[PDB]
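Heads up, this one has Taxol in it.
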Amino acid sequence: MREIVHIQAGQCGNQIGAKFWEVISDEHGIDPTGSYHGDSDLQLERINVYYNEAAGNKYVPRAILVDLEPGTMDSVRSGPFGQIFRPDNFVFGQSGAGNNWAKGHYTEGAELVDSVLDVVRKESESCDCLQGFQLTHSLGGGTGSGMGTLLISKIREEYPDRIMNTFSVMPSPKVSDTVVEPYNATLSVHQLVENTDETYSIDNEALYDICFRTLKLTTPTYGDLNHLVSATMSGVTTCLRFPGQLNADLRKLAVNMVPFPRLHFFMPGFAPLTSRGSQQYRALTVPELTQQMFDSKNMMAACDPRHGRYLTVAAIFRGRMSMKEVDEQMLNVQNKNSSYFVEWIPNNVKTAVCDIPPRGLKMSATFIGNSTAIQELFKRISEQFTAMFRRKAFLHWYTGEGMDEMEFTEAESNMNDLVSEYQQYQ
Amino acid sequence: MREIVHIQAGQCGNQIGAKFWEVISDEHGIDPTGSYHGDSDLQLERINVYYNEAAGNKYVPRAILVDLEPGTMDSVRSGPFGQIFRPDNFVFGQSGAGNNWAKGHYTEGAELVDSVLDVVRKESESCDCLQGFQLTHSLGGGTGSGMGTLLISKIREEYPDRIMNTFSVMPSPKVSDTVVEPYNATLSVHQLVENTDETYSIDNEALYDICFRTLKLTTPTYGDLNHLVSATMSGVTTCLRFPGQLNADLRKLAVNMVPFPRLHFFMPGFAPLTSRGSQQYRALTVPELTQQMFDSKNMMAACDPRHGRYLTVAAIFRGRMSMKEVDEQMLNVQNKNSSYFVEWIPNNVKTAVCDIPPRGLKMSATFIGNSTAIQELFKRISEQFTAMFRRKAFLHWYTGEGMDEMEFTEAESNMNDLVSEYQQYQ
Amino acid sequence: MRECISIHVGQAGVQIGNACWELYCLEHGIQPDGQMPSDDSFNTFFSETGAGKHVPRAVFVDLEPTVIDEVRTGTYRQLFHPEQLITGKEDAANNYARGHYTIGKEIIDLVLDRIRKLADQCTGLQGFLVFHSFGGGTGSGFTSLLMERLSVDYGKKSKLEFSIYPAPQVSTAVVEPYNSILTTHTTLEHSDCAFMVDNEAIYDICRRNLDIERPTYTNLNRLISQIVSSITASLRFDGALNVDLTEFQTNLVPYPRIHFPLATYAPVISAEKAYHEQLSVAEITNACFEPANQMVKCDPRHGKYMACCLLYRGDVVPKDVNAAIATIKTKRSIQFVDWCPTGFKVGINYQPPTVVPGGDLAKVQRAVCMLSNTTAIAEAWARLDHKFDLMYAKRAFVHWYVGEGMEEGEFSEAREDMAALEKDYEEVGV
Amino acid sequence: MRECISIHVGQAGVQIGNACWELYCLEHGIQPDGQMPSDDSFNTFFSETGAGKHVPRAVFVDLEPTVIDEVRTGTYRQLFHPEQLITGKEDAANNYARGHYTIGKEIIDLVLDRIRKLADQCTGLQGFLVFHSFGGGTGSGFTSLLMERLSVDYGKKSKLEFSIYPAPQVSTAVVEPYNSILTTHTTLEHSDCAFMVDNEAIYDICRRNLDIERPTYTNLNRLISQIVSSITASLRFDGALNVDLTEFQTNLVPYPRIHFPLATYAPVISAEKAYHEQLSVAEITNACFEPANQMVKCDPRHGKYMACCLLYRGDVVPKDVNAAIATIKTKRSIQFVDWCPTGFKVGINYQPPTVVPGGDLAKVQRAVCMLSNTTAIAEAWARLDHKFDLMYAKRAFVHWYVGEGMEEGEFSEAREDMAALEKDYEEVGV
Ligand SMILES: CC(=O)O[C@H]1C(=O)[C@@]2(C)[C@H]([C@H](OC(=O)c3ccccc3)[C@]3(O)C[C@H](OC(=O)[C@H](O)[C@@H](NC(=O)c4ccccc4)c4ccccc4)C(C)=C1C3(C)C)[C@]1(OC(C)=O)CO[C@@H]1C[C@@H]2O
Ligand SMILES: CC(=O)O[C@H]1C(=O)[C@@]2(C)[C@H]([C@H](OC(=O)c3ccccc3)[C@]3(O)C[C@H](OC(=O)[C@H](O)[C@@H](NC(=O)c4ccccc4)c4ccccc4)C(C)=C1C3(C)C)[C@]1(OC(C)=O)CO[C@@H]1C[C@@H]2O
Ligand SMILES: Nc1nc2c(ncn2[C@@H]2O[C@H](COP(=O)(O)OP(=O)(O)OP(=O)(O)O)[C@@H](O)[C@H]2O)c(=O)[nH]1
Ligand SMILES: Nc1nc2c(ncn2[C@@H]2O[C@H](COP(=O)(O)OP(=O)(O)OP(=O)(O)O)[C@@H](O)[C@H]2O)c(=O)[nH]1
Ligand SMILES: Nc1nc2c(ncn2[C@@H]2O[C@H](COP(=O)(O)OP(=O)(O)O)[C@@H](O)[C@H]2O)c(=O)[nH]1
Ligand SMILES: Nc1nc2c(ncn2[C@@H]2O[C@H](COP(=O)(O)OP(=O)(O)O)[C@@H](O)[C@H]2O)c(=O)[nH]1
Ligand SMILES: [Mg+2]
Ligand SMILES: [Mg+2]
């Protein structure tokens, strides 16, 4: 019944993933041992979406863990929930990706993908009815960007009709840790625009802006950023895991969210978000949950939506709430902000409403914005890329893996084609 | 009532045999003294299949133990179960086979076979209705390869209608301990193709690959390889020792398994197999038990069956299970993998189902594959043989025993005839 | 005699069904386990088994498990037959073509044979009651697959159809205009009387009449079910002027394709208001001709009435009803067509409206459901085909429908057929 | 008077027998030790000795010990006479020629000696009930050795035969097509009515009706026995229209070689559905004409019916049955041949179906067993002779049969004789 297969690639993908498994195990009431300890039958009713039953009523999450280094497997396996995963689904190399896309895609991960893909088969053939693949990775560095998009290509060719749904942490100028970030991302977005059915674009600059200007965290770690990402990952699948007044499968999102095939690069968000010193003073009610959710400060990519227009927004609400109040607020937003929505679509907002809010919240909304403003995330990458590529800077590390200089020309060409298609509807 | 006579030859045959007697004594609940100490009447009901009853309710195994050296008899007789065998059934020489087939077949074992064969008569005359002979040996070295195939020839001539069923550990290039292994095996396979009704091809390379990839053993001994072999030996006779929903005698296997008379070289395997650290992450049920049982990594010969097609597979299940579920899975396998089964046979899978699973398992399945891929096991031996023989290397040790060079030409001629018959149906 | 098979499709149809069967059980005094403590009044909606258990003449169908697995687990799990609750593996994704061509294509065989096993169990059969969303993928595509089959297998039998239809402003989906326009062939060719209802109109009725500031769907479905109880009450109970399900159609439907009546109910009222006004036959009759009580956001004064069925129930008398409709004929703002000089079909039934004990709606001695064929409803079609035109001029979502086996030309062929219905309702007003 | 000798051959026949005798003991109130606490109703199936012990009129035969040694050790060890549980030393190895020529050649004159000692205790023996697998070596080869003897020794006596037959996809053996085709001479020449049953069809009945997701053989045998209790019920009990075992054949069999009826049973239902279900005579009659309830995977709509025996049992009345078969004659999808204008033989018996207390099958006031001669069954033969053709074109396993004393030409002579039966069932439909 609508099983999902989840795949983690590189350090970032395994870190946002290993936090996501702590979040959905709290929701479904599963112990770090893999045993069930929850309150409610609704927690157990759809546990098959993300888990397998195993002998003695222990539960095994349907995750594949992929890396070219042992050290992130060692960090996950030793971690808060590391004992939950199947020991055979940790698939890894020894020598890393060197922050090189071409090592991921052609050498170090091309060796390993035969050992990954045959585990993705054992999980997918154990499904009753697979709905899709849920892949966590980063577009900077070499493992997530280059091996993760190799793996997307292999799973897309093998499962052409299932949903391919990716959560993609990606480069930005003011929060960067790699010299060759622009190259790796431009080579990787060239695979995402063709193969994925949805890609949720996420930025460490926007995840630090939520931590500083909304949560007011004094020293936000990567563990705090991974918690913001994984809240929206739990959010978008909620309607296949819990009952609701309006149910929306990942495919019911895609049909409403993607007007033209390639315009599937979304921008997520979450509500409520408060400082722990101000939760005492705020109402979680749908109008306040909405005024936050559409705020340019709340979204998890650097794109101010005021520099574009939304094609579609989806608001996946959770909690006991009025359909009049939800339908009123999703109307009031796109009429009072009508200059920020495309006027050849007569209603730009999809709504969904689940009966079960997150543990310790009375209400939640997960936001998905398909916005022409997303052009500014691909443009700033492509312009960082150009200044390095025109002088062939660092290309001996990629051409040493047998990659052509023509493949950089062709990836940047396909990046400008993706920018052109979002600018066209603006 | 369908008695079996079991015969052990050389070091390997006596080692896989002396472990096999520890396994079937645990099943039948027989103490290392030879006294019955089991739980259940079903353990005692068919004890006569492998044992003679004796005074004081001691049970003596119907084994003949054959070697050209005393040192393996001394190692078995002093071993975990050594006291159980009949002192008269240890038949041995003093000077060994020198790893020479011609010493086994013409000199050292030709002296001894008159003293072996007259013990095989005492055990076969003590049977109520003998169904067959179960011979354990290796095709490398000289005792198992050359004396064991002398003994097959003598028992075949004397008992032409009884099942001759052999378990045959045989050479491979990456795990080898003898220079003259290719000569000994080629001279020995020439006897197996004509005389045996079934031969179960087993490889030390494949038995180590099962220890490393799927059992994840830190250091595998020969004692751990002998445990994998003896699990499948206990497997295939299960249906004449225990009750079941579908009973299959060794002859009911042969009629279904052997389309054309000479195509009887099988490739055994066993399930479940699982590392001692990963048992908690598993479901034992027939759908999961099947997806291991047909994995190229689980079969006990070096052949990947994906380099050929199966003629026949037999799956001898054990445990309390559904016939719908077994018949569903044995259908789903050969329809979803239809390119790996011959398409002039309308169903390639035999099934059998015993009501009594191995002690400490809820289910087990023993796999027997007749596959055109076994050509790779005879091709690589014939190609090692050819290189030594093209320059007559080591042949003074064989021609010194009065063997002709014409017998090497004729054995490798008959080996290529066996390869051509498996390649024909591919 | 007088059976109805009730088919509840997609989330909207199943959730209206979960209110319909909540009401019918109270109204006939059937427990939620299907037993009846202590006349054949239940026979239209329930099959009686020899064990003394009343099993509903319903089918619930959804292409995904979630909503029917909730029916299989809640208070009505004991009522329904375990395989009249039918579920697939895969959601229709608000895509008509998944409902009609790709996913519903598999489950249709199971649905149609479970309908056969109801129809062969009815001693005579009055019609079908089909409940669905116009905006859904299962709602539009599976209902249109099912109706095409029922219209060859049961060609004589009346197919009454209750549709939650897209609003002027309130919407839950981007592709709601595409699914609704593709449905217009179903209602035109394979339906006999189609009751359009609107979420935004009931939300406004709830705000003004029930005093509930922010309603859920449970409040809406308790109004949508009350109409079908009042349509069927003459089939189930004694009355002064009972109306048969075809007698209804012979007065509602002036022309073969002009079978889209409005519906409304009175008194919709809060229990706190209902003490301070007397709610006479004349008051509740006049309430039905207010724009404020129409359950589609269109104004009846921008139309002409062709025919009205005033289906009264409870403590009403033919004196009062004739005296009431005489005042409606006197008012010049309520305009009938020149060719319908009679105008009104009256039904009167002795059974009051049942109150759902958890509901927002008052106990009242009397109600009326007015079902009304009027030219005004063409504006609710003119709204939605203007939403369709903006998106089809871009082909704005068309690859999801073409990708699941639909012909691209069906969008033009559906917008064309809707323009011919919107023509027919303008043509007969003159 | 009215005896039957039941012969249970190979593993399938013995394990069906272990269900049959589990049923007959409950239905006659005989303990598993053969005693009877407190009418001659048992006399068809049990001889009575002066101790007050009822001993079954059964022979159990297997060429290997394993399955009958389990009957000699389980709860029925005290039911059977110890020398009518008959075993050899050597398995037949799924090889027809071991069963017929080599191994069964030794046990046959002992099997006949028991059948003689049973027939000499009968007084007007009604017939034989022979249970076997078509795919087995003992099932095909030993049954065909035995039937050839019984057809010279007891030439007048009716030989009814219950066969587990190979499926479209489900199979347990590679050589199942060879053993089945070699059996076709047995059924044609030395049998009087042969009831083919399929494991894959009962597995699907179990899945859809009983909701048992993963059944064993014990679940199949508890339906195959329920058919033979319903065939024999008129021989054992009072009824409105009892049917004799030759009266049955005079209505089933239109032509000497056309004696391969389908069989089906209704209701197949479990306790969770019985309470919601209708279970009238008209419903359990219509369930026999659904493809979903046929116990061979072939579609009756791809055939024409020659004759149906509707053998009702429990609380039915001839009014209801005539009214039910009148609806079956009305439905144009259920097509009889032009030359059988009567079509239906009806039997009605006052004894309800017994519940085995460990079983999935529910307590029900009524059942019907429909036994039905139809042209459709020729497709189950067209499946299997296409499996035979692929293997015989290679001689794919033929050395095992030629090696055990069979003529190689018998494979051609058996495929030839099957093509003449598959011709005869196509020829009479016209
Ligand atoms: C008493 C009270 O109101 O406690 C709140 C709280 O104070 C606030 C500040 C919480 C709190 O969030 C944080 O501290 C935080 C810090 C960094 C990054 C992200 C969150 C909270 O920790 C987070 C926690 O949320 C949950 O437990 C959800 O179920 C959440 N899961 C987890 O956070 C989680 C943590 C550890 C292990 C497993 C799960 C979730 C969200 C989406 C989908 C599924 C689950 C909640 C409500 C609270 C505290 C406890 C203070 C907030 O988070 C959420 C998602 O509600 C941050 O702003 C909101 C508003 C809340 O008012
Ligand atoms: C608590 C528990 O579940 O223990 C299991 C166990 O953990 C696992 C890992 C066992 C274990 O297997 C091994 O350690 C092993 C090592 C090298 C070669 C072969 C096996 C086990 O030792 C093996 C042992 O198997 C048996 O006892 C069988 O009856 C077996 N006979 C023997 O192994 C045996 C050993 C000593 C003396 C006499 C017999 C058998 C196999 C085929 C046919 C007949 C009998 C079992 C169930 C287990 C342990 C104990 C951990 C496994 O083996 C079997 C045959 O089940 C290896 O993968 C399976 C899965 C089991 O879960
Ligand atoms: N009144 C009311 N309207 C509902 C209810 N449930 C859904 N709707 C309406 O249904 C319309 C959309 O149809 P869906 O609910 O998506 O229909 P569906 O058949 O389940 O669609 P699919 O998921 O694609 O199969 C929206 O406009 C909702 O307002 C309900 O319980 N009551
Ligand atoms: N329903 C049912 N089918 C059975 C049963 N046992 C065996 N079968 C069917 O029997 C067929 C094969 O015949 P065998 O069981 O091998 O018959 P056999 O006579 O014992 O064959 P031999 O061992 O060669 O003597 C298979 O297709 C099985 O599905 C049983 O108890 N019930
Ligand atoms: N949110 C988040 N970002 C991370 C984390 N670890 C690294 N990143 C950031 O995103 C990039 C991820 O690249 P990385 O995963 O190291 O490359 P890979 O291991 O080769 O795939 C880094 O440059 C960091 O800026 C993490 O735990 N969480
Ligand atoms: N599995 C297994 N293989 C063995 C064992 N002992 C030896 N072998 C291997 O298989 C070959 C057996 O030959 P061997 O039995 O020594 O020759 P023989 O004594 O003359 O018959 C050796 O070369 C080893 O590689 C054992 O205990 N178990
Ligand atoms: Mg739906
Ligand atoms: Mg048998």
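Note: chain IDs run A, B, ... matching the order in which the sequence lines appear. The residues of chain A that appear here are 1-44, 47-360, 369-436 by the PDB entry count, in order. Following the PDB entry, chain B shows residues 1-44, 47-360, 369-436, kept in their order. Heads up, chain C uses the PDB entry numbers, so what you see runs 1-38, 46-437. Quick note: numbers on chain D are straight from the PDB entry, i.e. 1-38, 46-437, in order. Going by what the header records, the deposited coordinates were determined by electron microscopy, 3.2 Å. Just so you know, these numbers use all the heavy atoms, side chains as well, and skip hydrogens, waters and symmetry mates. Both counts, for ligands and for their atoms, begin at 1 and track the order of listing.
- Including duplicates, the parts belonging to Taxol are ligands 1 and 2.
- Per the PDB entry, the macromolecule in most contact with Taxol (ligand 2) is Tubulin beta chain.
- In contact with Taxol (ligand 2) at heavy-atom distances under 4.0 Å, by letter: B.
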